[PDB]
S.K.: 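I'd like to ask you about the structure that follows.
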Amino acid sequence: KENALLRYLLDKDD
Amino acid sequence: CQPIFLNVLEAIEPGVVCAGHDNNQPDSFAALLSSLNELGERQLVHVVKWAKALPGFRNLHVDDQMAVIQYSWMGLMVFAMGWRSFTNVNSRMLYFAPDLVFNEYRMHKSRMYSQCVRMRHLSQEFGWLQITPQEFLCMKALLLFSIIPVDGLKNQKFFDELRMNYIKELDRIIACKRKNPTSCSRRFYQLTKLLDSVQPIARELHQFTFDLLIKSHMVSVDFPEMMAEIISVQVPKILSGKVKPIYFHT
Ligand SMILES: C[C@]12CCC(=O)C[C@@H]1CC[C@@H]1[C@@H]2CC[C@]2(C)[C@@H](O)CC[C@@H]12
């Protein structure tokens with residue numbers, strides 16, 4: 001999505 | 001008959017987050033605000049991990065997941081901060097972070113004294129209404145589903161069902177341990193009023209951060225990567241009326 005960083009935080013497993 | 005829903009909210013509740021402010025240096029508008037912006041970026045990372053672990057959240061469309069986070073972070077963070085202030089300093093001061101506690105002097109130096117006064121007031125409500133830890137947790141979760149665009153989300157239906165279930169749970173926390181129906185209705189009324197009072201505060205903070213972003217290069221204030229993008233793209237939609245909060249009352 002637009003906010004690349006935020007989008008990464010959502011699909012990244014933690 | 002264990003509180004499955006409550007167990008979850010308690011288990012996923014974020015821990016302590018520091019801002020990295022140097023209280024050893026004299027308070028200045030630039031230093032205070034730069035520290036708040038950094039704190040925002042840090043708590044934002046925590047809000048994402050918390051949200052993903054909320055029941056039903058991953059059911060929403062990916063685009064909607066990012067939308068609710070981008071639009072409701074302010075309100076969520078202000079509510080949590082209000083609770084921290086209450087439990088830690090009994091609403092005497094604004095407990096943004098362990099290394100960033102605002103007294104009357106800092107409230108003035110930040111150039112947002114009026115907004116701080118309303119936040120302190122909200123914090124006092126937690127005491128005046130005797131808000132319990134369980135009620136706090138459920139209200140904060142509901143706050144993630146309290147602001148959306150007028151044109152609706154990609155999958156509005158899933159969102160409506162999700163928000164409906166969370167309101168139901170809040171009703172459960174109030175209904176249980178309370179026989180008198182008049183007291184239940186009275187309690188729900190008070191809590192919904194409390195949730196609604198968060199929105200006016202968030203809007204004022206949105207306007208303030210947006211204006212600061214525009215002139216950040218003049219006041220020597222830094223905005224983190226994600227913050228600068230959300231405020232320049234998402235916040236404006238809130239200020240132009242495209243995205244609006246959902247109030248229980250009118
Ligand atoms: C969300 C934060 C930071 C996290 C918190 O505890 C609540 C607080 C409310 C005021 C916000 C601040 C982040 C940075 C902002 C957005 C400043 O730019 C002006 C208003 C500040």
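Residue numbers start from 1 in every chain, and the chains themselves are labelled A, B, ... in the order their sequence lines are given, proteins ahead of strands. Any value given below was found using the heavy atoms of this structure, including those in side chains, with hydrogens, waters and symmetry copies removed. Note that ligands are numbered from 1 as they come in the structure, with each ligand's atoms numbered from 1 the same way.
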S.K.: Which polymer chain sits in most contact with ligand 1, and what is its name in the PDB entry?
M.R.: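 The largest contact partner is Androgen receptor.
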S.K.: Choose one of adrafinil, dihydrotestosterone, flufenamic acid, alosetron for the molecule at ligand 1.
M.R.: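 The drug at ligand 1 is dihydrotestosterone.
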S.K.: Which other chains sit close to dihydrotestosterone (ligand 1), with any heavy atom less than 4.0 Å away?
M.R.: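 The other chains with a heavy atom that near are B.
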S.K.: For B/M227, which part has a heavy atom under 4.0 Å from dihydrotestosterone (ligand 1): side chain, backbone, both, or neither?
M.R.: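 B/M227 to dihydrotestosterone (ligand 1): no contact under 4.0 Å from either part.
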S.K.: Touching dihydrotestosterone (ligand 1) at all, B/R84? Heavy atoms, strictly under 4.0 Å?
M.R.: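 Yes, B/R84 has heavy atoms under 4.0 Å from dihydrotestosterone (ligand 1).
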S.K.: Measured between heavy atoms, which UniProt-annotated 17beta-hydroxy-5alpha-androstan-3-one-binding residues of chain B are under 4.0 Å from dihydrotestosterone (ligand 1)?
M.R.: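 Short answer: the UniProt residues with a heavy atom that close are B/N37, B/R84, B/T209.
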S.K.: Looking at atom 4 (C) of dihydrotestosterone (ligand 1), what's its closest protein heavy atom, distance included?
M.R.: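 Among all protein heavy atoms, the one nearest atom 4 (C) of dihydrotestosterone (ligand 1) is B/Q43 NE2, 3.3 Å.
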S.K.: For atom 14 (C) of dihydrotestosterone (ligand 1), which of B/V17, B/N37, B/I201 has the closest heavy atom?
M.R.: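 Heavy atom nearest to atom 14 (C) of dihydrotestosterone (ligand 1) belongs to B/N37.
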S.K.: Could you list the atoms of dihydrotestosterone (ligand 1) found under 4.0 angstrom from a heavy atom of B/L36?
M.R.: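 Going through dihydrotestosterone (ligand 1) atom by atom, the ones under 4.0 Å from B/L36 are 13 (C), 14 (C).
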S.K.: Help me out - I need the UniProt domain of chain B that holds most residues contacting dihydrotestosterone (ligand 1).
M.R.: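 According to UniProt, mainly NR LBD.
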S.K.: Please report whether atom 16 (C) of dihydrotestosterone (ligand 1) has a protein non-hydrogen atom at a separation of less than 4.0 Å.
M.R.: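 Within 4.0 Å: yes, protein heavy atom nearby.
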S.K.: Return only the organism name the entry records for chain B.
M.R.: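 The deposit lists Homo sapiens.
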S.K.: Which of the listed options, B/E38, B/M77, B/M74, holds the heavy atom that is closest to atom 7 (C) of dihydrotestosterone (ligand 1)?
M.R.: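 Ranked by closest heavy atom to atom 7 (C) of dihydrotestosterone (ligand 1), first place is B/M77.
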S.K.: Atoms of dihydrotestosterone (ligand 1) less than 4.0 Å from B/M81 heavy atoms?
M.R.: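 Within the 4.0 Å cut-off of B/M81, dihydrotestosterone (ligand 1) contributes 6 (O).
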S.K.: Using a strict cut-off of 4.0 Å, indicate which atoms of dihydrotestosterone (ligand 1) neighbour a heavy atom of B/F208.
M.R.: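 So the atoms of dihydrotestosterone (ligand 1) that pass are 19 (C).
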S.K.: For dihydrotestosterone (ligand 1) and B/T209, I'd like to know whether there is a polar contact (N/O to N/O, distance under 3.5 Å).
M.R.: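 Yes; the residue has a nitrogen or oxygen that sits under 3.5 Å from a nitrogen or oxygen of the ligand.
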S.K.: Heavy atoms only: which of B/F223, B/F96, B/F210, B/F79 is nearest to atom 8 (C) of dihydrotestosterone (ligand 1)?
M.R.: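 Among B/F223, B/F96, B/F210, B/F79, the closest heavy atom to atom 8 (C) of dihydrotestosterone (ligand 1) belongs to B/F96.
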S.K.: Nearest protein heavy atom to atom 2 (C) of dihydrotestosterone (ligand 1): under 4.0 Å?
M.R.: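 It does not; no protein heavy atom is within 4.0 Å.
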S.K.: Which chain residue and atom does the covalent tether of dihydrotestosterone (ligand 1) reach, if any?
M.R.: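 The covalent attachment is absent.
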S.K.: How is the binding site of dihydrotestosterone (ligand 1) composed, by chain and residue number, at heavy atoms under 4.0 Å?
M.R.: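 Within 4.0 Å on heavy atoms: B/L33, B/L36, B/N37, B/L39, B/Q43, B/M74, B/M77, B/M81, B/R84, B/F96, B/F208, B/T209.
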